[PDB]
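Below is De novo designed ABLE protein with chlorzoxazone bound.
The residue numbers of chain A are those assigned by the PDB entry, with the residues present covering 1-126 sequentially. Order of listing sets the numbers, starting from 1, for every ligand and every atom in it.
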Amino acid sequence: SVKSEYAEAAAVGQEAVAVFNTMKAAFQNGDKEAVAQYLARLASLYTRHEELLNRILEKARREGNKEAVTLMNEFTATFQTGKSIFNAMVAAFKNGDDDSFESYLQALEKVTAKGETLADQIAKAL
Ligand SMILES: O=c1[nH]c2cc(Cl)ccc2o1
């Protein structure tokens, strides 16, 4: 049901947290080859997460579940801010701009955590 799809979406979000933290560690340590691979992995993970979030939102709409639709619209908007910041982080790595990369790393953590306080109202509304 929409809830098994939400559990999968939550798990993909958790996989992205895991890979993100390993990537941050590699960035701090100067292992640029590892960072490149983790950034490619995160891009794939964000694409999969977005696909699951869109299926959840579209299903809540087809059910006319007004509260779930509202929360999912808000959450997906914040998720997109995170993705825009992630894309800018990718570009800073490409350009050799470690100062900007550090700053985006920090920004992406805070925006991702902000989206998460909606996650538990979403699970109860679905
Ligand atoms: O659940 C998952 N984990 C995944 C990791 C990559 Cl790289 C792509 C899709 C995924 O879906």
Chlorzoxazone - ligand or chain assignment: ligand 1
N or O contact, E15 vs chlorzoxazone, cut-off under 3.5 Å: yes
Heavy-atom nearest neighbour in the protein, as seen from atom 4 (C) of chlorzoxazone, with distance rounded to 0.1 Å: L45 CD2, 3.5 Å
Sub-4.0 Å atoms of chlorzoxazone with respect to non-hydrogen atoms of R41: 7 (Cl)
Location of contacts on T47 toward chlorzoxazone, heavy atoms closer than 4.0 Å: neither
Binding site of chlorzoxazone, heavy atoms under 4.0 Å: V12, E15, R41, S44, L45, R48
Output block, N or O contacts of chlorzoxazone, threshold 3.5 Å exclusive:
| residue | atom | partner | partner atom | Å |
| --- | --- | --- | --- | --- |
| chlorzoxazone | 3 (N) | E15 | OE1 | 2.9 |

